[PDB]
Engineer: 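Structure uploaded - zolpidem bound to Gamma-aminobutyric acid receptor subunit gamma-2.
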Amino acid sequence: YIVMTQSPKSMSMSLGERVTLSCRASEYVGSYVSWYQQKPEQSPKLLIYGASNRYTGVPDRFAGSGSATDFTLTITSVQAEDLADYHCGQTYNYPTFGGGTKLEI
Amino acid sequence: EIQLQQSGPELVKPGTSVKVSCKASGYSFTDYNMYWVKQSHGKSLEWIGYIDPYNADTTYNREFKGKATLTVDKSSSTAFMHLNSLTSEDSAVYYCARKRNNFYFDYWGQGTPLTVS
Amino acid sequence: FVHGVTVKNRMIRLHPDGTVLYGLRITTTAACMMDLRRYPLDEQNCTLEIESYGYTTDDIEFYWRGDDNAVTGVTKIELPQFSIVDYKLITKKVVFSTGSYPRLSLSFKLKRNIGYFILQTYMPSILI
Amino acid sequence: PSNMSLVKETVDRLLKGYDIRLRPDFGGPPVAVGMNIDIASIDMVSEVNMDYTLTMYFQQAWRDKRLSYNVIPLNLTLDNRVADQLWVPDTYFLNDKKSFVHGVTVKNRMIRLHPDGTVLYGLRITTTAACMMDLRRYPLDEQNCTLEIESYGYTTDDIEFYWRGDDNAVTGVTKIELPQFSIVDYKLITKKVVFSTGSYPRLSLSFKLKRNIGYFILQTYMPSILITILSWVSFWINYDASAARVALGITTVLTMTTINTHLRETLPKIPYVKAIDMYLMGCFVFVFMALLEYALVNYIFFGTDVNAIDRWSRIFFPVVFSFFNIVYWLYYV
Amino acid sequence: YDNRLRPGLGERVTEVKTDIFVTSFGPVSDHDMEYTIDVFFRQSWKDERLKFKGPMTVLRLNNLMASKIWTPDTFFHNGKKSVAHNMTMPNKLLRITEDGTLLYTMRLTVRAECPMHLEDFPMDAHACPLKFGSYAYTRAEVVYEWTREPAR
Amino acid sequence: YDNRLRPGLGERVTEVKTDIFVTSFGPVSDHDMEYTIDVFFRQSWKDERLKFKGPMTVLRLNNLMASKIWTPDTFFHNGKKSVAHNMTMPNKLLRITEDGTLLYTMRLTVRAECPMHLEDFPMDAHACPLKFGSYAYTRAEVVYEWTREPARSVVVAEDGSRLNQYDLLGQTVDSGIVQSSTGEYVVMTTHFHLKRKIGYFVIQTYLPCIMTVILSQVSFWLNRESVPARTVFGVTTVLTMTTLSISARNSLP
Amino acid sequence: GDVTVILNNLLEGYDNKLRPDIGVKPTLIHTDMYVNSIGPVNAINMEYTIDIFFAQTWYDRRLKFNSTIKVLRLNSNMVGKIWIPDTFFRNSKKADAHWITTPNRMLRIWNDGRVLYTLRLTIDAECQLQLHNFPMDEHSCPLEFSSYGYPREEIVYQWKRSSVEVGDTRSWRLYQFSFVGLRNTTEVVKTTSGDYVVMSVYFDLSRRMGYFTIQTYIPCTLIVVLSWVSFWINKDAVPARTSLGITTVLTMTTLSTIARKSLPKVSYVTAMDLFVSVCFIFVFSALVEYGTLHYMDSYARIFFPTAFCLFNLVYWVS
Ligand SMILES: *[C@@H]1O[C@H](CO)[C@@H](O[C@@H]2O[C@H](CO)[C@@H](O[C@@H]3O[C@H](CO[C@H]4O[C@H](CO)[C@@H](O)[C@H](O[C@H]5O[C@H](CO)[C@@H](O)[C@H](O)[C@@H]5O)[C@@H]4O)[C@@H](O)[C@H](O[C@H]4O[C@H](CO)[C@@H](O)[C@H](O)[C@@H]4O[C@H]4O[C@H](CO)[C@@H](O)[C@H](O)[C@@H]4O)[C@@H]3O)[C@H](O)[C@H]2NC(C)=O)[C@H](O)[C@H]1NC(C)=O
Ligand SMILES: *[C@@H]1O[C@H](CO)[C@@H](O[C@@H]2O[C@H](CO)[C@@H](O[C@@H]3O[C@H](CO[C@H]4O[C@H](CO)[C@@H](O)[C@H](O)[C@@H]4O)[C@@H](O)[C@H](O[C@H]4O[C@H](CO)[C@@H](O)[C@H](O)[C@@H]4O)[C@@H]3O)[C@H](O)[C@H]2NC(C)=O)[C@H](O)[C@H]1NC(C)=O
Ligand SMILES: *[C@@H]1O[C@H](CO)[C@@H](O[C@@H]2O[C@H](CO)[C@@H](O[C@@H]3O[C@H](CO[C@H]4O[C@H](CO)[C@@H](O)[C@H](O)[C@@H]4O)[C@@H](O)[C@H](O[C@H]4O[C@H](CO)[C@@H](O)[C@H](O)[C@@H]4O)[C@@H]3O)[C@H](O)[C@H]2NC(C)=O)[C@H](O)[C@H]1NC(C)=O
Ligand SMILES: *[C@@H]1O[C@H](CO)[C@@H](O[C@@H]2O[C@H](CO)[C@@H](O[C@@H]3O[C@H](CO[C@H]4O[C@H](CO)[C@@H](O)[C@H](O)[C@@H]4O)[C@@H](O)[C@H](O[C@H]4O[C@H](CO)[C@@H](O)[C@H](O)[C@@H]4O)[C@@H]3O)[C@H](O)[C@H]2NC(C)=O)[C@H](O)[C@H]1NC(C)=O
Ligand SMILES: *[C@@H]1O[C@H](CO)[C@@H](O[C@@H]2O[C@H](CO)[C@@H](O[C@@H]3O[C@H](CO[C@H]4O[C@H](CO)[C@@H](O)[C@H](O)[C@@H]4O)[C@@H](O)[C@H](O[C@H]4O[C@H](CO)[C@@H](O)[C@H](O)[C@@H]4O)[C@@H]3O)[C@H](O)[C@H]2NC(C)=O)[C@H](O)[C@H]1NC(C)=O
Ligand SMILES: CCCCCCCC/C=C/CCCCCCCC(=O)O[C@@H](COC(=O)CCCCCCCCCCCCCCC)COP(=O)([O-])OCC[N+](C)(C)C
Ligand SMILES: CCCCCCCC/C=C/CCCCCCCC(=O)O[C@@H](COC(=O)CCCCCCCCCCCCCCC)COP(=O)([O-])OCC[N+](C)(C)C
Ligand SMILES: *[C@@H]1O[C@H](CO)[C@@H](O[C@@H]2O[C@H](CO)[C@@H](O[C@@H]3O[C@H](CO)[C@@H](O)[C@H](O)[C@@H]3O)[C@H](O)[C@H]2NC(C)=O)[C@H](O)[C@H]1NC(C)=O
Ligand SMILES: CC(=O)[C@H]1CC[C@H]2[C@@H]3CC[C@H]4C[C@H](O)CC[C@]4(C)[C@H]3CC[C@]12C
Ligand SMILES: Cc1ccc(-c2nc3ccc(C)cn3c2CC(=O)N(C)C)cc1
Ligand SMILES: *[C@@H]1O[C@H](CO)[C@@H](O)[C@H](O)[C@H]1NC(C)=O
Ligand SMILES: CCCCCCCCCCCC
Ligand SMILES: CCCCCCCCCCCC
Ligand SMILES: CCCCCCCCCCCC
Ligand SMILES: CCCCCCCCCCCC
Ligand SMILES: CCCCCCCCCCCC
Ligand SMILES: CCCCCCCCCCCC
Ligand SMILES: CCCCCCCC
Ligand SMILES: CCCCCCCC
Ligand SMILES: CCCCCCCC
Ligand SMILES: CCCCCCCC
């Protein structure tokens, strides 16, 4: 299957600054690369679908980007609610997910 | 709105099968496929399989091919995952996800922790 | 065929007296047997034989509205190979076994442009 | 005129309340649709398009309880337009590229209702069926070209195909006279092809055409053999005649490569090497070696024994060429 | 009127008297072993259902009435792909005589198959056939005939 | 039933789950910068109006019912003179499931436009596209989707390749949006990756060129005193080279 | 539904045969185009293919409705039910709409009466190319269209603010030329049936000669150099000199024949014809130079390259 690689295993950044989480796909995945947010002891929450399309109810600070295999999720200003585990998953083939980047301070 | 309620946490001895449910209420059950995702503590999300509820058509992951069986109750609007021959590694948290379309999983399950000892 | 973009290229106009102006934009690949004995110095004559199929002269009658102004646009025709020297409009009555039918003939007396063959055919032979 | 009124009433009853949208035995066992072909001609077997034009009388016979009558004893042969008001199988040719039922004088269709309900529905179809040909041994090749009759919308749970009359279903194949082909064999196969939408019945009518080699001797093989024999003439000219031998050599080599290119331009751009390509390249080796034999002669002389080389070539070139022909024709024929 | 039933269905064989007027014998395509021919393919037949009495003894009509009535399903056995010219209008004439006789001519461009044995090429001659008959009706249903002497 | 209104008009967005089964990947015409492909273009969509309950669960019908009900006006953006096959009957199938789902498959021979950059010809690979979508309905009214996974929604038959000088490496699909003054339109794109087979050109232009240059270099072994022989050796090779170049350009637009 | 009743009311008592405001005022039609791609320019047949999304909008008081629904967005099904202008293309040798999978037509009806009707077309327009200088010819290829039967008093055309929404030119099949720009005109042509307003789009195309250089010009220059090299060959070698000259001039004849085959059948000398004629003069002059030499060489060795280069400068600058 398609193996998703999250380059930042755990990123530590202060509040209110730009942060970018990377995601690599082993093969072609097109624009079928969603991002999900999972707080501890909680289910994942969809943030970005497609490649850059923002899911409904998501703050405008989240922004996705990526054409073929390189995908990035950017937070313009980290808030207190933006501290959770972030996963990237591909749905071009059978679903797979990355390791899961964790945001810290 | 859409709400996916899963069975509560449970503990089972190794080698004993177990079933976990997933009840959907907000939407029409047969329109969208139901996927199952396993997440061991501290590890990446892993896809088990999915079931097309209308015709009950099932597709499984190679690793879980034979370890998990997916069934459905359209009248109750519930998706069931049956795990058999449980081992130590099978202890994990299981979610049921609803795939809106080819792009994203819209609503996830609340989570059914599983433990073996 | 009659051209059919964007709609079928056709016109109908009813006048108060009863006259029915009916127009069609038509492309015809018309047969023209050519006596190429003098080719390329040949003055070919190609005709279009307009005729009524099912209606005899007792039922239908043809004429060029306007004795010679019925056919226009011939002068502007800039044919790359030929030069249209002249054209005639003829009205006849052809007789078949089924009956006699009206005929209109639109004949063009085309003339070959010798210069293209002078450059292409004759000059290589002369130089050879 | 009384029997005319009786037949009019019968056909009006048959077409009254007739649901063309529903097949015979709808919600029941599949309807058995028998088929039989009358090959009118096989034309335009062209490898450039990898297709062949087949003209045929394509007949289908199927029972239909709705079209059963018992008042009239004779078999009703109706006007072809009634086919538009009747259910007919939605058969198609999967390898068809361009097909048409003949137009003049009217639509070349036949509808014949039998009292038992059997419907004989015939068409005169000209179809340009696709035949992917393996030209590796061309022109000494046998081509297995097929016609794949299949039901598009109805699965095996709704329709069945069978060659009506078994091996006698297809006729007229022997009378076919292709220009450059001989139809050595034909076969009829019944299959069940499975697609993602279900399993559909399939009839495969396969002709094993054999290509006639006589024309290619006239246009392809004999001219190149003659050019090689002509190139052998240079061995009989003394080594001093540089202009004559060189002209003979280069003229032969260039004409050989020109022949190869001109022949291959007509054929499609297939990557592999054909049998005609094999022979042409082999004879190009011979003629180019004749030119290089003169080259060796000139170098050895300027840069008795040279007469020895010329004489040995004078006899070995035809012998080696004859053995090349033996090996080639034995392998391919 | 039931145009799906031939005249004399179950009572008589439909006698079709046919003749051909070749307006132009088209070019011979020896490469495809075929030839083109442009014809006024006339065919006439009795039809008792089409008897009438009126001021005119012949109803000279257009193709629309030809579509409304029964016409023979004639086809050319060796025809490859013919054209029924229909510009400006369908080039067909339909004449109903008061006795019920029908005359139904039509302008056609038949491209027919002519198998050539080119053994004496180019000093060769051929007899290119032009065969036609009913597609669906057998000899017991419709029989064809020449309206004049077969030579003429 | 009104054929003129899409299902769920004014309340929903009509989702059409399309799918392609390539029966045969037809020949690629580099001269026209296009390619032919025969497909079983399947579409599937929900229509609550066509909901029934009877002895059978799915109604398999013919094209006559397809013409009577609303079907998406899907067209190929880069299509060029496609044909919907009609022999013997309209090669279409309609299947109305009791829930309301429609499965509408048609057999097509679509001649799509494939812009090729022939910079590395003949050692070149081209990603020939096939984009399709609704013509009259914007993204807010009709949205397209792949019925299976996107990777498994364009299947090519095994023995279907009609390519002569090309090799179908594979296909990759995607979904996107086209902006227009008329509106925003959802587009389903699939790229077939073709690699030209150099075999034909090796024995058609490369081998003649190499043998010609070797033939010209043969003249270095002829004695210098033989002027006519080496002069004809050179001039005939140069003329052959010119002919080779001209006959090699005609293989391309 | 609430929309089906609107369509039924609109089409009830609707005379499809009558144009809007017939006998009242001319029907103003605003036309716009999206040029999807200018196909191959067939200079041989004096025609070129263009694929467009042709849009035309007009007001129809019969098709006005008041409701919460603002527009009626419809497929090709409703195109044949209402009045559509008979817009034909005056210089189209053959045009055809797209029908796969369904007819490529769109129709939108606003409350006021606006009827935006668009369709996809592939027009084989007739461009009267004048290749007096080839392959440097520049052409302003037009695309005319007007109502076929409705005179200026009954159907008036006009260009909307957006002139022509020309698409991206990278994917165009225009290999020979380069799309320079577009220009629109609107003029009243007089004919026997009446006065008709004609709207024409001129696409300006400029030819590129690179393929013609590697195809025709370079081989002819190389064969002229082959004619030149004859002078350096010893004069005593009669067969060598004669062979080189004859091969050169005869293959020059063959090259002229194929180069003219690239062109259509037109009776006037073009720039390529001038160049091949000068090459003929050069090769024939070299052959005659050896003919008179046998029956001087150094003068030719200078004059031929210099004359060719000077002629090249004069010819190319023009
Ligand atoms: C002499 O004979 C010839 C045939 O031998 C006749 O030519 C035929 O004429 C008929 C009737 O006019 C045409 O049928 C129409 O076809 C429309 C689409 O055609 C496309 O597909 C066909 C293949 O089926 C192609 O052959 C066509 O290409 C050719 O024709 C076009 C011009 O049309 C040329 O430009 C080309 O170069 C080709 O020559 C086309 O690609 C089809 O849409 C149409 O059906 C609609 O209209 C009828 C009208 O009654 C409705 O009943 C029907 O339901 C359809 O209406 C729906 O669709 C329209 C689309 O806008 C909507 O507006 C409606 O609201 C509704 O939704 C009709 O079937 C036939 O194509 C044509 N050519 C053939 C058969 O090869 C000549 O007319 C005849 N006379 C003369 C003087 O020559
Ligand atoms: C290309 O080739 C075609 C051949 O098909 C030429 O067409 C012929 O042209 C000539 C001259 O224009 C025509 O000759 C005409 O003969 C008429 C008599 O025959 C017809 O008579 C009546 C009409 O009155 C018809 O009903 C009947 O069926 C006959 O067909 C004359 O009436 C014509 O006019 C004048 O004739 C003489 C002098 O010619 C005068 O004294 C008379 O007063 C009268 O005014 C005319 O003469 C001929 O019919 C045409 N068709 C043929 C031969 O088949 C084309 O002319 C040629 N192209 C060009 C450019 O010339
Ligand atoms: C209306 O149409 C029907 C159907 O065609 C006609 O009835 C059939 O007429 C055919 C005549 O060709 C009959 O065929 C002959 O049947 C003989 C007996 O066969 C029996 O067993 C077979 C087993 O499959 C059954 O199908 C068949 O119905 C019979 O029960 C055979 O011995 C014959 O064989 C050979 O006959 C001649 C030479 O004698 C050859 O030319 C043949 O090709 C064949 O090789 C022949 O098959 C058939 O029996 C009739 N009944 C049916 C098919 O049910 C009507 O006559 C017709 N009515 C009209 C025109 O008015
Ligand atoms: C693909 O192949 C299919 C084959 O199924 C073609 O579909 C058929 O096409 C023909 C020709 O268009 C259709 O024939 C039409 O039948 C209509 C219904 O006929 C019945 O009803 C009328 C009265 O309403 C009766 O008079 C008649 O006897 C039948 O009882 C007719 O109304 C149509 O008339 C049109 O054509 C005639 C020709 O003479 C004109 O005079 C009329 O004015 C009118 O324009 C026509 O005859 C047939 O119904 C289609 N379906 C079937 C199942 O046969 C497709 O056309 C072909 N191409 C495509 C693109 O699909
Ligand atoms: C042109 O090329 C095509 C290739 O597509 C050929 O078509 C194939 O032909 C072969 C051979 O005829 C088909 O293969 C098999 O034919 C069997 C014929 O019976 C023989 O074999 C059985 C079993 O060994 C013996 O008992 C018997 O006595 C005969 O000796 C069929 O019986 C086969 O069907 C069985 O096997 C299949 C596959 O296992 C099962 O699915 C069936 O249910 C059944 O049990 C089989 O059909 C082959 O089917 C043809 N089609 C293909 C490959 O698509 C043409 O023959 C060829 N024509 C010419 C003129 O060259
Ligand atoms: C194994 C079987 C294989 C089968 C294939 C058979 C292959 C065998 C064929 C081999 C070729 C035959 C030549 C062999 C001898 C050559 C050497 C020679 O010069 O000898 C002699 C002359 O040579 C002759 O006697 C000429 C006889 C052959 C001429 C045939 C022409 C017919 C063309 C028909 C074509 C039409 C084409 C029709 C279209 C199809 C004399 O030589 P010398 O100079 O005096 O030197 C010797 C003296 N010394 C010893 C002192 C030195
Ligand atoms: C008129 C001439 C007659 C002459 C007769 C003489 C006999 C000559 C015999 C000729 C052999 C006939 C070959 C036919 C097969 C086609 C080629 C081929 O398959 O190549 C394949 C490999 O890819 C390559 O080979 C490209 C590498 C360049 C090869 C050319 C080297 C030139 C050497 C320069 C030296 C100059 C000398 C230096 C100076 C002394 C490509 O094939 P494909 O289609 O793309 O498919 C993939 C491969 N597949 C097929 C395995 C799957
Ligand atoms: C395509 O056709 C259109 C319409 O014929 C052309 O647009 C028109 O251009 C003229 C001249 O530029 C405009 O007139 C001018 O308008 C400006 C702005 O209002 C005004 O300041 C001037 O005094 C003058 O009136 C005209 O308004 C404009 N049409 C519209 C509807 O706005 C267009 O130029 C053509 N495209 C070409 C030639 O490429
Ligand atoms: C000594 C001798 O017999 C001479 C006679 C003819 C010579 C060949 C001609 C063609 C040459 C092309 C390239 O230059 C490579 C070397 C090449 C193959 C040469 C090898 C040596 C040869 C055989
Ligand atoms: C004047 C005008 C402008 C745009 C259109 C138009 N309407 C559509 C609907 C759908 C699709 C895919 C393309 N359409 C296009 C063409 C377009 O905008 N392209 C190619 C970018 C029609 C007329
Ligand atoms: C439509 O209805 C509104 C409110 O009822 C009215 O103001 C308007 O004039 C109507 N438009 C018509 C009848 O064209
Ligand atoms: C892959 C096949 C390559 C064949 C090359 C040509 C062989 C010619 C043999 C000539 C023997 C003298
Ligand atoms: C490339 C050189 C070719 C030489 C061929 C000679 C054939 C006969 C050899 C006899 C040697 C004595
Ligand atoms: C084909 C190889 C031939 C080698 C001949 C060697 C010649 C050496 C020079 C001395 C005699 C010419
Ligand atoms: C002198 C012998 C030259 C080669 C003869 C050709 C042999 C053809 C065999 C055909 C297969 C039966
Ligand atoms: C194909 C051309 C043959 C040579 C023609 C020479 C005649 C003069 C042509 C140039 C005139 C400006
Ligand atoms: C001998 C050189 C031939 C090419 C000369 C080209 C001069 C540039 C012209 C550019 C147009 C003004
Ligand atoms: C305008 C006619 C030109 C003819 C060609 C030039 C003379 C060879
Ligand atoms: C049409 C005029 C032809 C000119 C011929 C010139 C001959 C060199
Ligand atoms: C007539 C052809 C040219 C002849 C020139 C010979 C040397 C004076
Ligand atoms: C004696 C003449 C020498 C030529 C010099 C080079 C001209 C291109």
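Numbered from 1 within each chain, the chains take letters A, B, ... in sequence-line order. Only a slice of the deposited entry appears, and the contacts counted are all within that slice. Note that ligands are numbered from 1 as they come in the structure, with each ligand's atoms numbered from 1 the same way. Both backbone and side-chain heavy atoms feed into the values below; hydrogens, waters and symmetry mates do not.
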Engineer: Which ligands or chains in the shown structure match zolpidem?
Structural biologist: ligand 10
Engineer: Identify the other chains in heavy-atom contact with zolpidem (ligand 10) at a 4.0 Å cut-off.
Structural biologist: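 Other chains, by heavy atom: F, G.
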Engineer: Please list, by UniProt number from the N terminus, the transmembrane segments of chain G that put a heavy atom under 4.0 Å from zolpidem (ligand 10).
Structural biologist: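 By UniProt's count, no segment has a heavy atom that close.
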Engineer: Can you tell which part of F:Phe75 has a heavy atom less than 4.0 Å from zolpidem (ligand 10): side chain, backbone, both or neither?
Structural biologist: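 For F:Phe75, only side-chain atoms sit under 4.0 Å from zolpidem (ligand 10).
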Engineer: Output the list of atoms in zolpidem (ligand 10) that are nearer than 4.0 Å to some heavy atom of F:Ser181, sorted by atom number.
Structural biologist: 3 (C), 4 (C)
Engineer: Mind telling me what name the entry has for chain F?
Structural biologist: Gamma-aminobutyric acid receptor subunit alpha-1
Engineer: Which atoms of zolpidem (ligand 10) have any heavy atom of F:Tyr135 under 4.0 Å away?
Structural biologist: 9 (C), 10 (C)
Engineer: Against zolpidem (ligand 10), does G:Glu165 come closer than 4.0 Å with any heavy atom?
Structural biologist: no
Engineer: Mind checking whether F:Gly133 has a heavy atom under 4.0 Å from zolpidem (ligand 10)?
Structural biologist: no
Engineer: Name the option, out of F:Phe76, F:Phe132, G:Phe53, F:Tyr137, that contains the heavy atom nearest to atom 13 (C) of zolpidem (ligand 10).
Structural biologist: G:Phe53
Engineer: What makes up the binding site of zolpidem (ligand 10) if contacts are defined by heavy atoms under 4.0 Å?
Structural biologist: F:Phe75, F:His77, F:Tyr135, F:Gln179, F:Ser180, F:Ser181, F:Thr182, F:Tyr185, G:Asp32, G:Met33, G:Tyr34, G:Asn36, G:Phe53, G:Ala55
